Structures are given as structure tokens and as C-alpha cells.
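Record below includes S-thalidomide.
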Amino acid sequence: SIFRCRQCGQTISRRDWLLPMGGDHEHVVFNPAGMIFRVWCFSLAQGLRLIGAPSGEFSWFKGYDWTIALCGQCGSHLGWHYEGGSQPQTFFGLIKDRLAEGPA
Ligand SMILES: O=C1CC[C@H](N2C(=O)c3ccccc3C2=O)C(=O)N1
Ligand SMILES: [Zn+2]
């Protein structure tokens, strides 16, 4: 039920906050460096630190701009925050294998 940073245990999100974007909460995507990510969409997350300037470039989600999301405690790269779009305006795309799932 709770998702934590795999690298240090920081509390990050909850299964109840999962967001089916375009029919599914899971999107399997590649970046321009050839890396594949199983991205889980959450409406909400906490314990992150958002870095940099939002960008539209290479966005996997049409109409959204992204910012890198680090674990706020250890600095692990956990995913991205998306903003600037519609229904919803914002959400989080977190990398599933960088989280640990467990009891509340
Ligand atoms: O929606 C997104 C999030 C950012 C992500 N991203 C990467 O992970 C990356 C690595 C190197 C150069 C450029 C990028 C890029 O835009 C990506 O490709 N799309
Ligand atoms: Zn961490």
C-alpha cells in the first residue's frame, strides 16, 4: 500500500494515489539515451525534491512539461513531475523499480 524510495526508505506515495493516464497507470517508455523505464503515474507524491526548469522536450505525455524528481532525502532519481496540461493539470511519473512497496 505505501511506496518508499528503494535507496533510503523515504516515504513517497501510496497505491490509492495511482492515476490511470490514458487507460493505464503503467507506461513503458524510452528516453533519448536509450534507457527504458516502467513509469507508474500517481496523482500525488511527497518526499521528493523537484529540480530545474519545466520542459516540454521529449515529453512522453502530450501537453505536459516535466521537471526531474529526486528523492528529497537521498537524491536518487525517482521520476518526473508533470505540469502544464489538463485533466489533470499535474501528476507524477515515478520509476517503478526505484520504489519499494510495502505496508502502511
Ligand atoms: O517525459 C519525459 C521525461 C524526461 C525524459 N528524459 C530523459 O530521461 C533524458 C535523458 C537524456 C536527455 C534527455 C532526456 C529526457 O527528455 C524523457 O525522455 N521524457
Ligand atoms: Zn531516497
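Numbering starts at 1 and runs along the sequence shown. Start at 1 and go down the list; that is how both ligands and their atoms are numbered. Side-chain atoms are counted along with the backbone in the values below, which use heavy atoms only and exclude waters and symmetry mates.
To find every copy of S-thalidomide, look at ligand 1.
Contact analysis gives the chain with most pairs under 4.5 Å to S-thalidomide as the one the PDB entry calls cereblon isoform 4. By chain and number, the binding site of S-thalidomide at a non-hydrogen cut-off of 4.0 Å is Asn31, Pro32, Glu57, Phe58, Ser59, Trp60, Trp66, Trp80, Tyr82.
Nearest to atom 16 (O) of S-thalidomide among the protein's heavy atoms is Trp66 CZ2, 3.3 Å. Counting only heavy atoms of the protein, atom 19 (N) of S-thalidomide lies nearest to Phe58 O, 2.8 Å. Looking only at heavy atoms of the protein, atom 15 (C) of S-thalidomide is closest to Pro32 CD, 3.8 Å. Residue, atom and distance of the protein heavy atom nearest to atom 6 (N) of S-thalidomide are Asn31 CB, 4.0 Å.
Of the protein's heavy atoms, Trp60 CZ2, 3.3 Å lies nearest to atom 17 (C) of S-thalidomide.
Annotation for S-thalidomide: atoms under 4.0 Å from non-hydrogen atoms of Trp80 are 3 (C), 4 (C), 8 (O).
Less than 4.0 angstrom separates some heavy atom of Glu57 from each of these atoms of S-thalidomide: 16 (O). Set against the non-hydrogen atoms of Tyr82, the atoms of S-thalidomide under 4.0 Å away are 1 (O), 2 (C), 3 (C).
Taking a distance limit of 4.0 Å, we find that atom 4 (C) of S-thalidomide is approached by some protein heavy atom.
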